[PDB]
*Asks:* 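One structure follows; several queries about it will come next.
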Amino acid sequence: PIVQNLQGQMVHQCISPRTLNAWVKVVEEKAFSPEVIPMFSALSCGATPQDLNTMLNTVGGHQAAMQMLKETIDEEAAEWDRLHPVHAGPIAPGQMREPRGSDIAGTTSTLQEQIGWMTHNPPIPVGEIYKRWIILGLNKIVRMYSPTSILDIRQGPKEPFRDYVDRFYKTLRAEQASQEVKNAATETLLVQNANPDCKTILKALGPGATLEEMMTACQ
Amino acid sequence: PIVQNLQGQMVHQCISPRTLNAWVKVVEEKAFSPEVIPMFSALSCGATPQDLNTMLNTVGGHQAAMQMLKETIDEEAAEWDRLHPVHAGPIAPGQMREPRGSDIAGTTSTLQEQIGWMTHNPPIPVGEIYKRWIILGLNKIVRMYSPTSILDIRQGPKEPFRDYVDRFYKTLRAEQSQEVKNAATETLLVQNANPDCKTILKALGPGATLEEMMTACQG
Amino acid sequence: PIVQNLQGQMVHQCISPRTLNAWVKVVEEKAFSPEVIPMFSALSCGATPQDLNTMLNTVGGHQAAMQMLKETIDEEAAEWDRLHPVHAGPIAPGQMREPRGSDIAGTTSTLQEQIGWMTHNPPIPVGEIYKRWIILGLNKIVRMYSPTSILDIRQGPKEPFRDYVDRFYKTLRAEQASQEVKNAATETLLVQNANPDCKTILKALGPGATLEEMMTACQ
Amino acid sequence: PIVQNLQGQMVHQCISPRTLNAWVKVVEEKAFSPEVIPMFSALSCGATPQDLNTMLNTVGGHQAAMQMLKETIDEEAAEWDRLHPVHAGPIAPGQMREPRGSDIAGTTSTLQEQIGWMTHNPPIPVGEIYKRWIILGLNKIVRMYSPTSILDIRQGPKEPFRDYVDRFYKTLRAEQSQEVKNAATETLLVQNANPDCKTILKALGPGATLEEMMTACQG
Amino acid sequence: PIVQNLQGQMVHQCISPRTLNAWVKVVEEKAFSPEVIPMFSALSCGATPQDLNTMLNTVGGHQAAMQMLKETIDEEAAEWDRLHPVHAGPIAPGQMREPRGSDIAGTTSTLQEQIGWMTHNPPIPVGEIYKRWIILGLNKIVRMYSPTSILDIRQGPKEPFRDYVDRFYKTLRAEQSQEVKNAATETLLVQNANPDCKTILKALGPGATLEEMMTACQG
Amino acid sequence: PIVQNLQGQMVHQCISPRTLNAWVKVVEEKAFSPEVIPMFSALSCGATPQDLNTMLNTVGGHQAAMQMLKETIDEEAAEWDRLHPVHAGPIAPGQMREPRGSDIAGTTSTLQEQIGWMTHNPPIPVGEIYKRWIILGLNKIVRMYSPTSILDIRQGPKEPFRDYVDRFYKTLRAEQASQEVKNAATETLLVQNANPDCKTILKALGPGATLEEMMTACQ
Ligand SMILES: CC(C)(C#Cc1ccc(-c2ccc(Cl)c3c(NS(C)(=O)=O)nn(CC(F)(F)F)c23)c([C@H](Cc2cc(F)cc(F)c2)NC(=O)Cn2nc(C(F)(F)F)c3c2C(F)(F)[C@@H]2C[C@H]32)n1)S(C)(=O)=O
Ligand SMILES: CC(C)(C#Cc1ccc(-c2ccc(Cl)c3c(NS(C)(=O)=O)nn(CC(F)(F)F)c23)c([C@H](Cc2cc(F)cc(F)c2)NC(=O)Cn2nc(C(F)(F)F)c3c2C(F)(F)[C@@H]2C[C@H]32)n1)S(C)(=O)=O
Ligand SMILES: CC(C)(C#Cc1ccc(-c2ccc(Cl)c3c(NS(C)(=O)=O)nn(CC(F)(F)F)c23)c([C@H](Cc2cc(F)cc(F)c2)NC(=O)Cn2nc(C(F)(F)F)c3c2C(F)(F)[C@@H]2C[C@H]32)n1)S(C)(=O)=O
Ligand SMILES: CC(C)(C#Cc1ccc(-c2ccc(Cl)c3c(NS(C)(=O)=O)nn(CC(F)(F)F)c23)c([C@H](Cc2cc(F)cc(F)c2)NC(=O)Cn2nc(C(F)(F)F)c3c2C(F)(F)[C@@H]2C[C@H]32)n1)S(C)(=O)=O
Ligand SMILES: CC(C)(C#Cc1ccc(-c2ccc(Cl)c3c(NS(C)(=O)=O)nn(CC(F)(F)F)c23)c([C@H](Cc2cc(F)cc(F)c2)NC(=O)Cn2nc(C(F)(F)F)c3c2C(F)(F)[C@@H]2C[C@H]32)n1)S(C)(=O)=O
Ligand SMILES: CC(C)(C#Cc1ccc(-c2ccc(Cl)c3c(NS(C)(=O)=O)nn(CC(F)(F)F)c23)c([C@H](Cc2cc(F)cc(F)c2)NC(=O)Cn2nc(C(F)(F)F)c3c2C(F)(F)[C@@H]2C[C@H]32)n1)S(C)(=O)=O
Ligand SMILES: [Cl-]
Ligand SMILES: [Cl-]
Ligand SMILES: [Cl-]
Ligand SMILES: [Cl-]
Ligand SMILES: [Cl-]
Ligand SMILES: [Cl-]
Ligand SMILES: [Cl-]
Ligand SMILES: [Cl-]
Ligand SMILES: [Cl-]
Ligand SMILES: [Cl-]
Ligand SMILES: [Cl-]
Ligand SMILES: [Cl-]
Ligand SMILES: [Cl-]
Ligand SMILES: [Cl-]
Ligand SMILES: [Cl-]
Ligand SMILES: [Cl-]
Ligand SMILES: [Cl-]
Ligand SMILES: [Cl-]
Ligand SMILES: [Cl-]
Ligand SMILES: [Cl-]
Ligand SMILES: [Cl-]
Ligand SMILES: [Cl-]
Ligand SMILES: [Cl-]
Ligand SMILES: [Cl-]
Ligand SMILES: [Cl-]
Ligand SMILES: [Cl-]
Ligand SMILES: [Cl-]
Ligand SMILES: [Cl-]
Ligand SMILES: [Cl-]
Ligand SMILES: [Cl-]
Ligand SMILES: [Cl-]
Ligand SMILES: [Cl-]
Ligand SMILES: [Cl-]
Ligand SMILES: [Cl-]
Ligand SMILES: [Cl-]
Ligand SMILES: [Cl-]
């Protein structure tokens, strides 16, 4: 990663063994459950493109997912290059070449060029741009590896309301879109797919009931 | 988090893999037992709103509770917005715009703006405001997910007094101000002791410490 | 905690995850065995009142003991306030208000006021004063949760002398008073409650025998 | 390793016990699965040749592979020596002699000469040259120790498409440029799908993403 | 402990949770095997008397040994006091009073006075004096708690010579100067070998190394 | 160990608990397998003689090996003293006495004298000299505790060539001499002790076949 020293300079630091192990283990145990995204973002804080490639390369298995990840990165790299055409010309003494999509992804850039971009003034944060592409890709994998659709979450006749809301939002969280789309899913399904006893109780509460009030009413 | 370095400057640091793992593990093993609140507050020392969102997003399961958490944040955010009316105007070079409710929660603010506020002179502790909203929300979850009421905690005829007082205060801590929690001790606590110990505790008279009550019902 | 930076200034540091886990685990495994006191004192090195409250709040179970702890803190807080009456008046630019008992315990003080007291010149060590109250309380719990009295430690007819001295001093250590009181207990009971074979051997050694000599003589 | 301290100077540091243990454990559990290469590269960040030799020497077993590693280092070292003819002459007070192939591998160079080269102005990154030779050698071991060929990876008649693509790319990663690895996807991958999914994938037509192919053979 | 920081100043640091845990665990698993002494000396590097008392107080069980430890400290403390007669007089602003025996053990000295002595110019290493008394006491415990005498360690008729020499020196290390420990080797070691190996070792003659003796009784 | 601070000064640091545990555990699990040597060298990076004695003293068991280690150290100490006769005379204000063999081994030197030697300008690296003696001794133990001779490594009639080369070089690695002696062992035995099928294949390859080519030919 790139961290600040006590001189105020952004300097390269080696990825720690603890960081490597934490990412390998979380994929091993949690696969592509939705909480893999925040874990990857936090463990990759300040990462260079080399570090991000290191983390993803240490993943054993799920190679189908990892190949989908490269294809996502490619489309975003192609989009970056079409929005940022590089201008030919000698690079000045105190300057860095402009990065391509392949440079952000680390396939045509050295770690020293990545450090130069990320510690420039102003910085060009190729690590954070790459991370955005990867997380975009990981969001697709989470949505694809989600077993259940939101339309199949129906409260059982003896199922506690808390367990049903647990399943509802767990399923909704794996299908990542905008929250405009997830507020619409709740208003459409959460009360309507409650069991007949709890459904009649919540209809009387009205659309303005908070979830805390809804969960108290079907206790 | 934003911590002070070895020279006296407030700097951003990445959340450590140990901090991430410790919070995930505590929710896994302890759910929303009352001791989850101090663990979250301590593990989030100096956290930015991004860090707090990271910690909350790494929680697997309990998505109904986490959704109640979201609803609580909204009410407090709306209260914050109603107490801090917006002032339109260009933000000056040196200073920073005033944060809205959605900015404290980190949903409409970048990490650099959160760092900018916290290292301002004087600091606007958006991380601590967000943390307070979260703990307010987590406190509600502990109360809702508490299985037993304090009025149902009563000492068995052969149960040692220590075990009953253990159950009593464990339940009371889950049942959340001291206006009536102070009230449960010494008035409900004696009433639900078994007849053998209850007769002993009348003889002790008012003003007995819990150490005196526990000594008196040892045998 | 409050630690020194390289500038010579006492600055606040976040309580580490390792410190939190160590205290939670030691209570889990050792309950209120006497070695819980030194572990708590060492793990709370440099703690603020907030940190001390954090540690105690993370304890799961033993809520009867924890309530006895608050009552001890209250008496010591009441004693502090009666020995340190606060003098009303505006606090000067370069000064701190005088702390109440409730301020030392952290119920009416912010963490910033605790930092101000502890890093003042000269410092008013509210964290170390609070720690003294807590450890005073923990000493009472260890004495109360001790199963055996010193008068019941008698050497068995086939029990090795080392095992008996182990039990003797383990029991004596849980009943914490002054060592004047513990030297008196040894001179009163250690030889007199030895088995008849070892007792006659040690009587000949006389009162001036070291324990190493006593343990060698009954090998 | 040679890392930058908190002030901006490149200093030698001892390899940490965690780094040593992490590398030993990864070889123990993963042998020469493809993900061993990124783990070794990351754990050896900033390594001197002595550090790289330390890591390789701590490997227990797989001594045939480790001997193949030695032979690879020799060929690259001999290539290095053939591209860098020796210049005889007294080495000047300030500067350092040119490193031979055996010097990069650390067999004829002391640790202080390796530090001297790496902190030179400009640096001669002997640690990174050695690391590159090692990874070149480790890449050969992964290919030789890969049990299955990509031409033998074919989808079963009842095997889910995700599991087959998982096996496909796991094998391809073990079978080492993208000149023909790009070729295996989309041409060999469709051919070895089962007849049910194979018929579906013809209908998708050329240019289908892997996400589209995996969605189309879900059911 | 008192350690040197990154700038060259001797500063007090809190004993780490890992140091506390490591010492507790080593006593739990190894008791007073001889290797407990080096572990305690190394884990207490730079310790203050308070730190040494902390480590000793965290030991659970073995309270008879710990009491023998207390008696040893008293004898050495009394010897220290007899060699350092007290000088009455007001202590000067800059300097510190001379420490008594009870001050080195930390029972009548505060932690700040122990820090003051150790950072004095020249230092009075009260922590190292206390540590030496403790190790003197712990050495006695290892001898008393050693089950077997070196005179009872003899090679079996079918026991491999390596295993017998292993038992021999393990016992000798437990049986504590080299005045007669040097004596046990080469004179008692040959005498207690079995007749087959014993006959071989006479033929080797005086001056054989242990490597030569172990090679000669391999078969 | 002796590490560099940020002032550029070589200063003493306490041996870490992690370093102590790592060395104890690696001996426990791996005994004197050849990889114990690099682990000991890396874990003892920058060690003083006191630290090296600490590490070796923490080893439980294998006391026969540890006694052979002292005898090796003695011969090397005697050789050092006969090559470096000390010159009598008062030591100057800014100087250190010359170290004996017993001073390098730490039996007649204080830790402060070891720090003085190791941080002198120029340094006299008693820690690295001692380490050379210890590793010389550990090499002898590895050779002695090796069960199998290189002449007994013969490929089985159904044994895969990789497994045979594994055994061959594992055995050769435990008998440490020069690589001139180990190149001679390979050319003498590796092909000649292959099974008749693989032997005839490799004879046709000729003496110039790399191991990678040899292992491919007997797949
Ligand atoms: C990527 C990254 C940089 C980031 C970020 C990031 C940024 C902001 C916010 C956030 C914070 C507070 C509020 Cl009040 C809202 C809001 N208020 S709202 C009602 O929509 O209008 N919205 N947000 C997101 C916004 F603004 F982006 F929309 C938020 C989140 C929350 C964090 C959070 C998690 C939690 F458990 C409980 C909380 F109180 C807050 N995370 C999510 O909400 C994800 N989630 N999704 C759904 C579902 F789909 F089921 F509905 C569900 C969640 C859920 F909250 F977990 C919970 C079960 C429900 N994260 S990171 C740190 O991962 O690296
Ligand atoms: C989490 C966080 C945000 C914080 C904080 C926080 C802040 C202040 C205080 C506190 C300090 C001193 C006093 Cl004298 C009182 C007081 N005296 S009184 C008579 O009420 O007026 N009260 N308090 C709480 C105050 F201030 F909130 F009111 C306090 C606590 C105590 C600390 C504590 C914990 C403990 F285990 C044992 C102790 F001896 C002291 N913790 C609690 O009390 C929690 N608790 N709750 C209840 C219940 F409700 F069931 F009865 C019960 C407890 C209990 F004490 F454990 C015990 C069984 C009874 N913690 S943090 C720093 O980790 O981030
Ligand atoms: C003590 C210390 C300070 C050091 C060092 C140290 C210094 C240099 C080198 C080294 C590096 C590269 C080459 Cl190309 C040669 C070479 N080329 S060669 C063909 O001989 O001409 N030689 N060397 C040693 C030289 F120069 F000293 F001879 C080397 C080693 C190798 C490290 C290594 C290990 C490995 F697994 C694979 C590698 F690619 C490199 N370690 C050894 O080789 C030990 N070993 N022994 C034998 C056997 F006996 F079976 F043959 C075998 C090995 C083996 F390699 F493991 C492998 C199975 C074969 N270590 S430390 C770090 O431990 O603290
Ligand atoms: C180890 C180290 C030295 C390094 C590096 C390193 C360097 C660059 C790149 C890389 C980055 C971006 C793109 Cl867009 C491409 C590209 N796009 S493409 C169409 O080929 O032209 N290719 N690459 C590799 C390049 F550059 F080498 F060609 C890349 C990688 C990727 C990172 C990655 C890993 C991952 F898991 C999932 C991802 F989405 C991305 N890792 C690999 O690709 C390894 N891999 N191999 C094959 C195989 F051969 F089987 F098909 C397969 C992979 C796979 F991706 F995992 C996936 C199943 C397919 N890593 S390090 C920094 O740790 O020390
Ligand atoms: C709270 C805190 C800040 C502190 C401190 C603290 C301060 C000083 C001392 C101490 C040191 C040396 C001597 Cl010679 C005496 C002494 N000489 S004497 C004979 O009395 O005249 N006295 N002391 C205490 C003094 F001075 F306070 F009295 C001491 C202790 C000892 C530490 C110790 C433990 C140990 F195992 C072996 C040792 F050699 C020293 N701890 C105790 O002794 C507690 N203990 N109690 C009893 C019993 F009740 F059974 F008798 C028993 C012990 C016991 F020692 F463990 C052992 C089985 C016997 N600790 S902390 C670090 O916990 O956070
Ligand atoms: C704990 C601490 C305070 C310290 C220190 C400490 C200080 C010095 C020395 C030492 C160093 C060099 C020599 Cl050449 C001799 C010597 N040569 S000699 C012929 O006697 O004259 N003697 N010594 C001890 C000295 F100086 F004390 F005399 C030494 C040791 C050795 C180091 C060592 C350990 C080891 F495992 C293997 C080694 F090769 C060397 N450790 C011991 O010897 C302990 N030991 N005891 C006996 C017994 F009594 F059973 F025979 C036995 C050992 C043994 F060696 F292990 C082996 C089976 C025999 N350690 S610390 C720094 O951790 O805080
Ligand atoms: Cl780490
Ligand atoms: Cl790790
Ligand atoms: Cl996996
Ligand atoms: Cl890269
Ligand atoms: Cl790659
Ligand atoms: Cl893989
Ligand atoms: Cl960490
Ligand atoms: Cl971790
Ligand atoms: Cl955010
Ligand atoms: Cl989100
Ligand atoms: Cl989830
Ligand atoms: Cl404000
Ligand atoms: Cl930590
Ligand atoms: Cl932890
Ligand atoms: Cl518990
Ligand atoms: Cl507080
Ligand atoms: Cl509270
Ligand atoms: Cl509880
Ligand atoms: Cl470490
Ligand atoms: Cl480790
Ligand atoms: Cl080397
Ligand atoms: Cl070697
Ligand atoms: Cl091996
Ligand atoms: Cl070069
Ligand atoms: Cl720690
Ligand atoms: Cl720990
Ligand atoms: Cl003390
Ligand atoms: Cl005590
Ligand atoms: Cl005890
Ligand atoms: Cl002195
Ligand atoms: Cl450590
Ligand atoms: Cl450890
Ligand atoms: Cl062992
Ligand atoms: Cl020493
Ligand atoms: Cl010794
Ligand atoms: Cl031993």
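Labels below follow one simple rule: chain letters A, B, ... track the order of the sequence lines, proteins then strands, and each chain is numbered from 1. Just so it is clear, the values below take in all heavy atoms, side chains as well, and ignore hydrogens, waters and symmetry mates. In each ligand, atom 1 is the first atom listed, and ligand 1 is the first ligand listed.
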*Asks:* Which compound, drug or drug candidate, is present at ligand 3?
*Replies:*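 Recorded as lenacapavir.
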*Asks:* Hey, which chain has the most contacts with lenacapavir (ligand 3) here? Just the name the PDB entry gives it.
*Replies:*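 The chain with most contacts is capsid protein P24.
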*Asks:* At a 4.0 Å heavy-atom threshold, what other chains are in contact with lenacapavir (ligand 3)?
*Replies:*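 Within the heavy-atom cut-off of 4.0 Å: D, F.
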*Asks:* Find other ligands or ions closer than 4.0 Å to lenacapavir (ligand 3).
*Replies:*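 Answer: ligand 28 (chloride ion).
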*Asks:* Check the entry and name the source organism of chain D.
*Replies:*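 It's listed in the entry as Human immunodeficiency virus 1.
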*Asks:* Which residues from other chains neighbour lenacapavir (ligand 3) at a non-hydrogen distance under 4.0 Å?
*Replies:*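 Sure - by heavy atoms, that gives D:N53, D:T54, D:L56, D:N57, D:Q63, D:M66, D:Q67, D:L69, D:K70, D:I73, D:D74, D:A105, D:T107, D:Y130, F:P38, F:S41, F:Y169, F:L172, F:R173, F:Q179, F:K182.
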